[PDB]
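Pictured: Aldo-keto reductase family 1 member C2, co-complexed with indometacin.
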Amino acid sequence: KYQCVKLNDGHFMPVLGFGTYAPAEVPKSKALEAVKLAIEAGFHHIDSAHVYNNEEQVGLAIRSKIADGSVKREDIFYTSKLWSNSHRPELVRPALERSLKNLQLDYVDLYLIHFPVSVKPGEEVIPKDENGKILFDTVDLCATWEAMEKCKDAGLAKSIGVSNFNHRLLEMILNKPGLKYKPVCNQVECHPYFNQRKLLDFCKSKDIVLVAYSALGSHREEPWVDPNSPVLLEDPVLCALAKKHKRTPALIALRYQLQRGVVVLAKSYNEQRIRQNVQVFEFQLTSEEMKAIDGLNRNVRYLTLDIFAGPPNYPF
Ligand SMILES: NC(=O)c1ccc[n+]([C@@H]2O[C@H](COP(=O)([O-])OP(=O)(O)OC[C@H]3O[C@@H](n4cnc5c(N)ncnc54)[C@H](OP(=O)(O)O)[C@@H]3O)[C@@H](O)[C@H]2O)c1
Ligand SMILES: COc1ccc2c(c1)c(CC(=O)O)c(C)n2C(=O)c1ccc(Cl)cc1
């Protein structure tokens, strides 16, 4: 047994997810070892994506811990994500099947539209022209959602959702004539310096779960993150609350999310910290502590993907 939340399609999502993205210069082998350790530590939710270029390794970890008798496939909740070069409806299923082939799994638990801006089809995840301009594409995301809906009916994705969507883009889907399946979730940046209260309230009102990424203040990887942004985990209120609970600022930041009804991801390729992060189920924060963490909020968005700014669907 482990702590899960019922999703709006009646499937269940473990409330603590293991993030698998590392910058490109971390060797891909380390994804294989970290996922296994994560499973061993008690993570039942594993978050990946096509664009992370680690689905072979993360799929191997998963198949390995199933085959060795440590866990059943039914007790692993695996997420993949549809990259922006496969938004065209006819390219949706093939992208999911490519992911499944790379993973050697029969199905994904959750398939998300990764980012609402589209780019030109082909093998390249960031297609550029000769002068280095990104090759944007024009795709109706409602059609992409219909093709997502079909992957669910094919049983290739048990649930479907979205990531990096804003209010307008969510509403666009929710109001679609003939809508068959709401997004079960909206995976977005969420932490004590960017707490997403408004967007969180909105998703609650539609029974969409907010899934928090960069919950620990991000991989901080340049140039995607401004090195002058403050380091979340160095916050004195978070460090004071850690100290007081004999926990860590990480655990405080994760517990905060669980208690406000957010599903929280946490990446780590360090054995010690992987095991530490599951301790988020061993303590609780009082109302006064929670309000304290609320007060940290400051509109610090770490991650903007601003190479994809300009088109109308850019969400930020
Ligand atoms: N949908 C999207 O567009 C999107 C965007 C970004 C991220 N994601 C997902 O969300 C996941 C997590 O986000 P993220 O990678 O930005 O990083 P994150 O979880 O905020 O973690 C940031 C850093 O914290 C360190 N860390 C982990 N546990 C710690 C602990 N207990 N104490 C101190 N440091 C700790 C990690 O380093 P060590 O590895 O050395 O421990 C990691 O680099 C990603 O891997 C991916 O699955 C989704
Ligand atoms: C919303 O702000 C960002 C900023 C940078 C991002 C992402 C999201 C994501 C999406 C995510 O992490 O889920 C990725 C993968 N980013 C990259 O750094 C990146 C690295 C290599 C390639 Cl080939 C393509 C993108």
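Chain A uses the PDB entry numbers throughout; the residues present, in order, are 4-319. Values below: all heavy atoms of this structure, side chains included; hydrogens, waters and symmetry mates excluded. When a ligand or atom number is given, it counts from 1 through the structure's own listing order. Determination method: X-ray crystallography, 1.5 Å.
- Every copy of indometacin considered, the relevant parts of the structure are ligand 2.
- Here is the list of indometacin atoms found below 4.0 Å of a heavy atom in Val128: 23 (Cl).
- Of all atoms in indometacin, numbered sequentially from 1 with element shown, those under 4.0 Å from a heavy atom of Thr307 are 2 (O).
- Nearest to indometacin among the UniProt active-site residues of chain A, at a heavy-atom distance rounded to 1 Å, is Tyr55, 3 Å.
- Using a 4.0 Å heavy-atom cut-off, the UniProt substrate-binding residues of chain A near indometacin come down to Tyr24, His117, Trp227.
- Relative to atom 1 (C) of indometacin, the option among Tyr24, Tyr216, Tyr55 with the closest non-hydrogen atom is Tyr216.
- The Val54 neighbourhood of indometacin comprises atoms 15 (C), 24 (C), with distances under 4.0 Å to a heavy atom of that residue.
- For atom 10 (C) of indometacin, the choice among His117, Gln190, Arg304 with the nearest heavy atom turns out to be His117.
- Per-atom contact check: atom 20 (C) of indometacin touches the protein, criterion being a heavy-atom distance below 4.0 Å.
- In this deposit, the organism assigned to chain A is Homo sapiens.
- UniProt's NADP(+)-binding annotation for chain A and the heavy-atom shell under 4.0 Å around indometacin share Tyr24, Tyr216.
- Site of indometacin with heavy atoms closer than 4.0 Å: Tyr24, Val54, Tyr55, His117, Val128, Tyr216, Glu224, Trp227, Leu306, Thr307, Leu308.
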Quick one: indometacin N/O to protein N/O pairs below 3.5 Å?
| from | atom 1 | to | atom 2 | distance (Å) |
| --- | --- | --- | --- | --- |
| indometacin | 2 (O) | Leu308 | N | 3.3 |
| indometacin | 13 (O) | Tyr55 | OH | 2.6 |
| indometacin | 13 (O) | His117 | NE2 | 2.7 |
| indometacin | 18 (O) | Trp227 | NE1 | 3.0 |

